[PDB]
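So, a structure with proflavine in it.
Quick note: numbers on chain A are straight from the PDB entry, i.e. 9-316, in order. Method on record in the header is X-ray crystallography, 2.7 Å. Counting convention: from 1, in listed order, for ligands and their atoms alike.
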Amino acid sequence: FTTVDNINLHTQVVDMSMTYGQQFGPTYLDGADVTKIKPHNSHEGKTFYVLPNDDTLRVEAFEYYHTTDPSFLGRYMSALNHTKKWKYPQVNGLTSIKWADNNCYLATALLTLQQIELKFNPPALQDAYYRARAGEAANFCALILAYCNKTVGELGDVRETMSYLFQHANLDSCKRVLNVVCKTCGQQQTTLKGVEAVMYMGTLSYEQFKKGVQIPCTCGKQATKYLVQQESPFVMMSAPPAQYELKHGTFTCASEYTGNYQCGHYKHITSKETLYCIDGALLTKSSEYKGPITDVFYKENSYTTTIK
Ligand SMILES: Nc1ccc2cc3ccc(N)cc3nc2c1
Ligand SMILES: Nc1ccc2cc3ccc(N)cc3nc2c1
Ligand SMILES: Nc1ccc2cc3ccc(N)cc3nc2c1
Ligand SMILES: [Zn+2]
């Protein structure tokens, strides 16, 4: 049969005698590009993916992936063909990835997602992610790449990745309320719902954000932003990478990034019965940790401030 999602099969195949070179639009047996080949006896009955190019396919594809972008399922299949060949060790019970093709950012992403409460909207993500959590994460990875519109081998940012991915989860009952106090301009409160309710960029410390954090006011001058209320299952605090101390028990996990713009390397840190650094397939444990951190994730429930 022919498919776009592998749940819905259309045996509009030529199963017993084709032999015009895969005149089915682009085709893909098990994620290998087979567009330009005539069929090999032992094919009849296996399932080939094809690009959604009639009204009926474009629907099922949209319902499954939650985009209609045509190049999507191409870029997906492209990436799958590589990520199928990466290895996915469990480390301390989490699915990670053996380094290949600058995949460090994807490893870190993957590791964080297994540690954070999300529900993805597109069935494809929900599906893929279950498999990932279970150890076989080639699809999940291929999808993530297609969704962020990056190709295997191209360098990636973990914050940018999560950001895209959160576009596709159910965060709508997530709420953040901020107050900005200016000496001359007085106060100014702000409510954020959805993705922007869970992400801050400028400080790593959640404590510091509750205590208050100096920012330039819109008049130019000296103000304090603080978190008045938070309702979400986690928060993600980010900044440009800087030497930072992670203390046990006080965050859930974090991504560090050492290197520079052209060459660098992400590792994942997670606070358990000790601090575990997971660096693709590698694992080390220490009681201290200081290092160039870029993103920290905290478990949240509901928080309200007590600042008068
Ligand atoms: N992995 C990396 C590496 C360098 C980075 C430099 C940055 C500078 C400004 C900003 N707002 C975010 C950044 N994030 C980075 C993330
Ligand atoms: N893997 C990498 C390497 C360099 C990077 C440099 C950055 C500069 C600004 C920004 N906002 C994000 C960045 N992310 C990076 C991610
Ligand atoms: N300071 C640095 C700079 C670049 C780096 C590039 C890497 C690539 C793969 C890998 N497994 C580890 C790396 N560590 C780096 C450490
Ligand atoms: Zn002001």
Locate proflavine in the structure and include all copies.
ligands 1, 2 and 3
Exercise for the section: State which chain has the largest number of heavy-atom pairs within 4.5 Å of proflavine (ligand 2), named as in UniProt. Expected result: Papain-like protease nsp3
Top UniProt domain of chain A touching proflavine (ligand 2)
Peptidase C16
(message) Hey, quick one: is there a covalent bond from proflavine (ligand 2) to anything in this entry, and if so which residue and atom?
(response) none
Proflavine (ligand 2) binding site (4.0 Å, heavy atoms):
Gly164, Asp165, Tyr265, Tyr269, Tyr274
